[PDB]
Amino acid sequence: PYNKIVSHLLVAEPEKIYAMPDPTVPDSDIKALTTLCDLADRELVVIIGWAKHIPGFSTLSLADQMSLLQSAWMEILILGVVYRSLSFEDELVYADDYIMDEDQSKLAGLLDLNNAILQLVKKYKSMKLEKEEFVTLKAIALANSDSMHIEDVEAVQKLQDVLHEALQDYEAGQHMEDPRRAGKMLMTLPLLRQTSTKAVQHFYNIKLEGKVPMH
Amino acid sequence: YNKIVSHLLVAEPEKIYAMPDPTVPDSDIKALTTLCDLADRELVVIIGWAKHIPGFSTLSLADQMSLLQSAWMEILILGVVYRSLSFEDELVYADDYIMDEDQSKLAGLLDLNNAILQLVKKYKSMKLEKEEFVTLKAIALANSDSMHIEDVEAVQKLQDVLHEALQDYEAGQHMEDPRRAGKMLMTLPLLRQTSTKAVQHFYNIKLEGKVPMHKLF
Ligand SMILES: CC/C(=C(/CC)c1ccc(O)cc1)c1ccc(O)cc1
Ligand SMILES: CC/C(=C(/CC)c1ccc(O)cc1)c1ccc(O)cc1
């Protein structure tokens, strides 16, 4: 018997989402990037519904809800990719039907970024990150996104406390062998934030270059 | 009482002053020039401070420089933040160089300084103590995530030694909040984010050659 928040978060996990790359269209960076952006777009739609399932989130004002999502969507997407890539080696599982190896990365111009994301994967691998910890870290990442536009700081901190508490309690009961596992999990957040920032900046140097824009 | 924390306390370098020059009329170039020179001198002191962190100088000199290379700005920023806790909407880069909103606009540092203040705000609300400050500073260095680390295991060991010290300190001094250590650790992402913005601003200024950069250049 362990944490109810954690079990609930496991139950609230979105069903698999597919990239669905178009076979008819020949491989090319514009293709890969176009595919990754459509996938992300569809995942973002899902993240909004998913967020309603987070204990303590729906009680925030709509403005604060949007501010948190706006600041943490990339961290949430990246964590997902990372968790799906744990049983793999030097490959990123953006989706079951879209797994990127080194060559597919070079061919898309995502070598640097994908290598940075692989660094997150590596750290979580060594720790043997569990699905329970993964879902709790996603919610924590959302609550701890540090938006400068928050209207109700106290309420946001309460969301953080509730999820932080769930993690600490889960670790206390399932990993008594390492009394600092909760802390180690929290210490992975800086790299997540850092990697998300590099991804966002990348998504701009291309949306910008007229890569696959209109935006 | 905690040994690691006590040691970090006495290992604190003493104050470094900015020493702004009056023969020079205030401008943006003056502010940037001043801040860069201040950072340069703080960096010399930081390198020596790191050698006193338990298990640090014992790492390969490569790993040693790797952690510093990835964490120097976070360490600089945490200092400014800590020194600014007692103030309001002001940044104490040094006792003789306190920047308010007006000065930030003049140096073209309004957005960066506002971001740094966001960090001050969080720590002010938590009532960050000196003991927690020095410990987080050491943790920021050890948890800097350099992509060049040779001995990962040893670096993780260093993180664990500092983390245990923080966890132990919070258990004794703050049994009132059984989650204080975790909350301290949760401020690290904002520290990384703000430092990244600082570094980006810094290298853009260099790229633009906006500041008369010596140093052998
Ligand atoms: C790194 C690819 C990516 C994105 C986000 C749309 C991207 C696309 C193009 C770029 O130039 C940079 C990042 C992404 C897609 C789905 C996820 O679950 C997580 C990340
Ligand atoms: C944010 C100003 C700054 C720097 C350090 C070089 C700076 C200067 C000019 C820039 O364009 C960007 C950053 C700094 C100085 C002392 C500290 O303890 C911490 C940070």
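The alphabet sets the chain names here, A first, running in the order the sequence lines are given. By the PDB entry numbering, chain A shows 233-447, in order. Here chain B follows the PDB entry, giving residues 234-450 in order. Atoms within a ligand are numbered from 1 in the order they appear, just like the ligands themselves.
Out of diethylstilbestrol, bithionol, ketorolac, ibandronic acid, alrestatin, the drug or drug candidate placed at ligand 1 is diethylstilbestrol.
Measured by close contacts, the chief partner of diethylstilbestrol (ligand 1) is listed under UniProt as Estrogen-related receptor gamma. Other chains having non-hydrogen atoms less than 4.0 Å from diethylstilbestrol (ligand 1): A. Nearest-residue assignment for atom 7 (C) of diethylstilbestrol (ligand 1) (options A:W305, A:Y330, A:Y326, A:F435; heavy-atom criterion): A:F435. The PDB entry names the source organism for chain A as Mus musculus. Among UniProt domains of chain A, the one with most residues near diethylstilbestrol (ligand 1) is NR LBD. Counting heavy atoms under 4.0 Å from diethylstilbestrol (ligand 1), residue A:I438 touches it through the side chain alone.
The shortest heavy-atom distance from A:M306 to diethylstilbestrol (ligand 1) is under 4.0 Å.
Counting atoms of diethylstilbestrol (ligand 1) from 1 in the listed order, those under 4.0 Å from a heavy atom of A:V313 are 17 (C), 18 (O), 19 (C).
In the vicinity of A:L268, heavy-atom distances shorter than 4.0 Å reach the diethylstilbestrol (ligand 1) atoms 2 (C), 15 (C). Near A:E275, meaning under 4.0 Å from one of its heavy atoms, diethylstilbestrol (ligand 1) places the atoms 16 (C), 17 (C), 18 (O).
Diethylstilbestrol (ligand 1) lies less than 4.0 angstrom from a heavy atom belonging to A:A431. In this structure, the binding site of diethylstilbestrol (ligand 1) at 4.0 Å (heavy atoms) is formed by A:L265, A:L268, A:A272, A:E275, A:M306, A:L309, A:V313, A:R316, A:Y326, A:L345, A:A431, A:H434, A:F435, A:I438.
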